[PDB]
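Drug bound: talazoparib. Macromolecule: Poly [ADP-ribose] polymerase 1, processed C-terminus.
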Amino acid sequence: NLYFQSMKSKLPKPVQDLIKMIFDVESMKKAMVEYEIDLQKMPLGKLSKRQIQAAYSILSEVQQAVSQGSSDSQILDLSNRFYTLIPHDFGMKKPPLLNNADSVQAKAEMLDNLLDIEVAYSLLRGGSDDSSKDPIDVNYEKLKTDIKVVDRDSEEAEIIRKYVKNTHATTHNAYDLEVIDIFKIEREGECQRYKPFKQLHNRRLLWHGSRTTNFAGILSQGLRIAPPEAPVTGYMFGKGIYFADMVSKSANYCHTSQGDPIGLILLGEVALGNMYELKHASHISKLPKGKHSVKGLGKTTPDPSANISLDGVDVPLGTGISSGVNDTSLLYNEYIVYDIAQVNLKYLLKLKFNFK
Ligand SMILES: Cn1ncnc1[C@H]1c2n[nH]c(=O)c3cc(F)cc(c23)N[C@@H]1c1ccc(F)cc1
């Protein structure tokens, strides 16, 4: 042409850092190490969906054996089959026999994380690996998600920072949160998928935290419901998509540590409709007619008189008050939907966790 075209990224610097953080191979590897996976038998590139599906089904059979009665033989078999799919490093300490709810639930949570890691990794290795363009921009494109920095002095940013400041507490005072960057995101196709559900009333802007190593999968594919193969163990309100109205609650699901103290949390617009309100666990197959979601009532709720609207989207950013709620085990509210299309992701926050 007339111009020299640099091989540098065409993205702004905070977006570049976001892409590097979510495609960080070192983090993928650390996760594998923490799970004690044998990395020579099962390297990052060897993880597959079919493998993960089959391992979930095994865990469901373990769960059925725990609730409905087991033999030693059966349990040993299921453990052997699980570890054949997800090989364990014998250089490390003996792996747990899968014969109890905690182990089942820890392994299911491993599989959720590994699935998103596999997604990230396959996106990363796929494509034209030619230098026709910057690696950062190529990996950005693969997310099929528009990501823009929200200007810090814009209305949106002031509202968002307020939602964070107010709904962060002195209870989970392990850390305070600091907003580093606010991104506006739009996943390809999601607005169209969401449209019909926009018709329902009670649309709310709610938090959803997750591990950083899951975000490539989250952005490329959107928030998902655990598959049918996955065990039900540990799903307080069954297999759906869970959100909080207090940033403190969602931030726990970032599983950030003093070692890596930055996490990512979403704000999504969720079409709740009529809410089935509950005070304790209850695994949900069907929902009562008239209801389109569940709300788990907590001891603490954002002050409803300090609530705001956006596009006719309720933003419950009031400071946390005692809900007055009688006989509940939940510290905080939760909201669950059972159809992936009831969610429209709007923002992604990068936060600093300042531990004490
Ligand atoms: C599995 N899952 N799917 C969507 N969200 C989630 C988790 C969770 N993710 N992110 C959140 O912010 C969150 C906010 C809550 F108030 C409550 C939540 C969550 N419970 C969820 C939970 C449930 C079962 C489980 F074995 C692990 C974690």
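Quick note: residue numbers are just sequence positions, from 1. Determination method: X-ray crystallography, 2.2 Å. Remember, it's 1-based here, ligands and their atoms both numbered in the order they're listed.
The parts of the structure that belong to talazoparib are ligand 1.
Residue-level proximity to talazoparib for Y335 is absent, since no heavy atom of it falls below 4.0 angstrom. Distance from atom 9 (N) of talazoparib to its nearest protein heavy atom, with residue and atom name: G209 O, 3.4 Å. The UniProt domain of chain A holding most residues in contact with talazoparib is PARP catalytic.
For atom 2 (N) of talazoparib, the nearest protein heavy atom (residue, atom name, distance) is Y242 CD1, 4.2 Å. With respect to atom 3 (N) of talazoparib, the closest heavy atom belonging to the protein is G240 O, 3.6 Å. Nearest protein neighbour of atom 1 (C) of talazoparib, counting heavy atoms only, is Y235 CE2, 4.1 Å. Nearest residue to atom 5 (N) of talazoparib from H208, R224, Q105 is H208 (criterion: closest heavy atom). Checked against UniProt, the NAD(+)-binding residues of chain A with a heavy atom under 4.0 Å from talazoparib turn out to be: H208, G209, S250.
Among the UniProt active-site residues of chain A, the one closest to talazoparib by heavy-atom distance, rounded to 1 Å, is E334, 4 Å. Ligand-side atoms of talazoparib in range of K249: 16 (F), range being under 4.0 angstrom from any heavy atom. Atom 15 (C) of talazoparib has its closest protein heavy atom at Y253 CE1, 3.7 Å. With a 4.0 Å heavy-atom cut-off, talazoparib is reached by the side chain of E109 but not by its N, CA, C or O. Talazoparib places these atoms under 4.0 Å from at least one heavy atom of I241: 4 (C).
Proximity to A244 (heavy-atom distance under 4.0 Å) selects the following atoms of talazoparib: 16 (F). Backbone and side-chain nitrogen or oxygen atoms of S210 are examined, and none is located within less than 3.5 angstrom of a nitrogen or oxygen of talazoparib. Residues with a heavy atom within 4.0 Å of talazoparib: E109, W207, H208, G209, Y235, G240, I241, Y242, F243, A244, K249, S250, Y253, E334.
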